[PDB]
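Heads up: the structure comes next, in structure tokens.
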Amino acid sequence: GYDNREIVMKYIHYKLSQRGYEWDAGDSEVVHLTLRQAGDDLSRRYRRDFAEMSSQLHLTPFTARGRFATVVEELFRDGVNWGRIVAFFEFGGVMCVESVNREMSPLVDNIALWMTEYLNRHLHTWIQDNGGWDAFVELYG
Ligand SMILES: CC1(C)CCC(CN2CCN(c3ccc(C(=O)NS(=O)(=O)c4ccc(NCC5CCOCC5)c([N+](=O)[O-])c4)c(Oc4cnc5[nH]ccc5c4)c3)CC2)=C(c2ccc(Cl)cc2)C1
């Protein structure tokens, strides 16, 4: 079936490579393509929000997890839908890009871990019960 670690790895590798960043640890195909196209589209529609988020993160090694948790909680405070999940992936991408910009590339591995466990444990039942990634693909692919 669907592999959350693979979904996270391919998405973060795509987003980083797209902007010229490296990630050695990253360096069913329809789900990966649909997700990255949806995330690209979201980032174009809400470019101002993304640019403001990138500017405000101010990451350090000891604060990165708290910044991640703080934004994810606000993102889903009104409930989960597919668009907020795409935003969750795009935010992870922004977290990874800013980690490298602050000379903290090792954080990319941690962020990828946090995203994977969020899918595995926090979002898993919602995704499964609302049709899984196959429904996401039929809706937006
Ligand atoms: C602290 C913060 C919380 C503050 C706020 C923000 C920014 N906010 C986050 C929430 N946000 C949302 C949330 C839900 C929806 C939505 O409509 N939901 S929906 O009805 O389920 C759905 C509807 C369409 C598609 N797809 C279209 C297809 C078109 C053809 O091409 C393929 C895709 C999908 N879908 O999943 O694909 C799902 C949405 O509107 C859209 C509009 N266009 C979209 N395109 C792709 C997804 C999508 C969603 C936008 C707006 C921006 C913060 C923030 C900052 C930086 C980063 Cl980095 C991240 C977050 C932080």
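Note that chain A is numbered according to the PDB entry, with residues 8-34, 90-203 shown in order. Recorded method for this deposit: X-ray crystallography, 1.8 Å. Note that these values count all heavy atoms, side chains included, but never hydrogens, waters or copies made by symmetry. Ligands are counted one by one from 1 in listed order, and the atoms in each one are counted from 1 as well.
- The chain that ligand 1 touches most here appears in UniProt under the name Apoptosis regulator Bcl-2.
- Looking at ligand 1, the drug there is venetoclax.
- Interface of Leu137 with venetoclax, defined as ligand atoms under 4.0 Å from a residue heavy atom, comprises 3 (C), 9 (C).
- An N or O contact shorter than 3.5 Å links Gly145 to venetoclax by distance.
- The nearest protein atom to atom 23 (C) of venetoclax, hydrogens excluded, is given as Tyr202 CE2, 4.2 Å; this is a heavy-atom distance.
- For venetoclax, the atoms closer than 4.0 angstrom to any heavy atom of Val156 are 58 (Cl).
- Checking atom 17 (O) of venetoclax against the protein gives no heavy-atom contact under 4.0 Å.
- Each of the atoms 59 (C) of venetoclax lies under 4.0 Å from some heavy atom of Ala149.
- The nearest protein heavy atom to atom 46 (C) of venetoclax is closer than 4.0 Å.
- Contact annotation for atom 35 (N) of venetoclax: protein present (non-hydrogen atoms, distance under 4.0 Å).
- Within the 4.0 Å cut-off (strictly below), no protein heavy atom is located near atom 20 (O) of venetoclax.
- Close contacts of venetoclax with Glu136, meaning ligand atoms under 4.0 Å from a residue heavy atom, involve 1 (C).
- Taking distance alone, with nitrogen or oxygen atoms compared against 3.5 Å, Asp111 stays at or beyond that limit from venetoclax.
- Checking atom 5 (C) of venetoclax against the protein gives no heavy-atom contact under 4.0 Å.
- For atom 59 (C) of venetoclax, a protein non-hydrogen atom is found at a distance below 4.0 Å.
- For venetoclax and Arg107, the ligand atoms under 4.0 Å from any heavy atom of the residue are 42 (C), 43 (N).
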Contacts table for venetoclax: protein N or O within a distance under 3.5 Å of ligand N or O, distances only.
unit_1, atom_1, unit_2, atom_2, d
venetoclax, 21 (O), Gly145, N, 3.0
venetoclax, 36 (O), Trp144, O, 3.4
venetoclax, 45 (N), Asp103, OD2, 2.8

